[PDB]
Visitor: 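Provided herewith is a single structure, encoded as structure tokens, for subsequent inquiry.
Every chain is numbered from 1 and lettered A, B, ... according to where its sequence line falls, protein lines coming before strand lines. Side-chain atoms are counted along with the backbone in the values below, which use heavy atoms only and exclude waters and symmetry mates.
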Amino acid sequence: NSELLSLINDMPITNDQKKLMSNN
Amino acid sequence: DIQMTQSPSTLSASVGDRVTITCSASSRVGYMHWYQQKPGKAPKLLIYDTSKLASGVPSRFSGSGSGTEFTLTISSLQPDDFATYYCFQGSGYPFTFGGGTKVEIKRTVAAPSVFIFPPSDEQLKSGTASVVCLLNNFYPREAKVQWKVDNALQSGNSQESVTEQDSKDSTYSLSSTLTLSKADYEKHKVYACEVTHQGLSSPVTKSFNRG
Amino acid sequence: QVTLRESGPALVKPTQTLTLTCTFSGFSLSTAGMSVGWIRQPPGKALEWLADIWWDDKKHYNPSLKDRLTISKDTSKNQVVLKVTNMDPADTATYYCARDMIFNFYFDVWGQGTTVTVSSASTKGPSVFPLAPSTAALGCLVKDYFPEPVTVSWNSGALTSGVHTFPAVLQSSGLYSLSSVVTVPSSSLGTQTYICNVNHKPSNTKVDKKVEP
């Protein structure tokens, strides 16, 4: 999901949290 | 920002030894990553996500740690492992690497094959004479090479370049260049290179008579 | 396989701007999750991250080298460009580009790197002399060039074993010099031909010298 990712990236969180949410 | 302290900074171990490298971050981190780098080559990813083996990486390598303390461990060290190792964090900006750890491989003593090269005819036309002494495939890295022109020890007119450890036989190779002007060169007869190394019971001397 | 090739000037005067280009293949930067980062290595120093960029045009820079950094992309040509203003001799280093993903914030694939020297000195091509044989050793003397680096190969890369290429040394002239040697069967001399392939991109110089007894 290109859009689900671009959302996670836009969020204000630590890189670990983005990585956590994008892998999961 | 997040800094990384790596130890040891240097290391020497025999093939088969267990080797452990430590990285300690100034602040808490989610994952630690590790890079292997060969001389004049680009870094390759060894371990990612703290303990995950990158593709094409021998299970010989392994990772472990959490918070601010992580370690990389090479179970049974091998010749091809000569490299500089770096930890890497991407948990926060800026991204940072550790100072690095240099791994050398202890092997059995080996004596240098010594060669000598008189200046080429092509160089002698440009007006300079470079005499080259080559020590091939030796260990340990320590080696003394003295130049003698007509039995006169030379100083301040030579340079040495030593190779990076071999990734197969774990040996070093060295070159010693004596540089003279064509004029000074043709002023002398015998050019000799005297080598002293641990694998040599007595100093080896290679030489040649000008022309 | 994903590949990356950095390109840019080998030599650049102080205060001048460095413009690096990363051309890649195997993946697209317009793909979600994809990123490209730049990393450099000063002589005898550890690796330093510089900057990166993402498919959504998000950019990051290393505060140490701020505000001298400018990163941009062009997905059309599959390339990323990094600019460094006001260059200093201490900026002399090898520069790498590398792929990154948000699934994994590390650099899984790297370019081979390109070398940048900051100096007021001018470029000079090397002279390539034969080190003639007389197991037997032989090689080429690559003398008096600036700046780094120069690559040496043999028989176009066909001969690779026994080959030792020495780290360049800095002569008192301010010019670099280095040697490349190879050990070969004493018997293959005179029958087997050996050619050293010298390359000095910084001066667009290419030399192929035949070494013989």
Visitor: Out of curiosity, which chain makes more contacts with chains B and C than the others? Name from UniProt, please.
Guide: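 The chief chain, as UniProt names it, is Fusion glycoprotein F1.
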Visitor: Quick one: do you know the drug at chains B and C?
Guide: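 Found there: motavizumab.
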Visitor: Which single chain of motavizumab has more heavy-atom pairs under 4.5 Å with chain A than any other chain of it?
Guide: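 Counting heavy-atom pairs, it's chain C.
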Visitor: If the epitope is every residue of chain A with a heavy atom within 4.5 Å of motavizumab, what residues are in it?
Guide: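 By heavy-atom distance, those residues are A:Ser2, A:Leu5, A:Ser6, A:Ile8, A:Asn9, A:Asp10, A:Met11, A:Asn15, A:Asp16, A:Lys18, A:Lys19, A:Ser22, A:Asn23.
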Visitor: Identify the paratope of motavizumab for chain A at a 4.5 Å heavy-atom cut-off.
Guide: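 Residues of motavizumab in heavy-atom contact: B:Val29, B:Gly30, B:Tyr31, B:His33, B:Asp49, B:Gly90, B:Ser91, B:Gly92, B:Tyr93, B:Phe95, C:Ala32, C:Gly33, C:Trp54, C:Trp55, C:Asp56, C:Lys58, C:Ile102, C:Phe103, C:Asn104, C:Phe105, C:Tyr106.
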Visitor: I keep forgetting - what does the PDB call chain B?
Guide: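 The PDB entry says Motavizumab Fab light chain.
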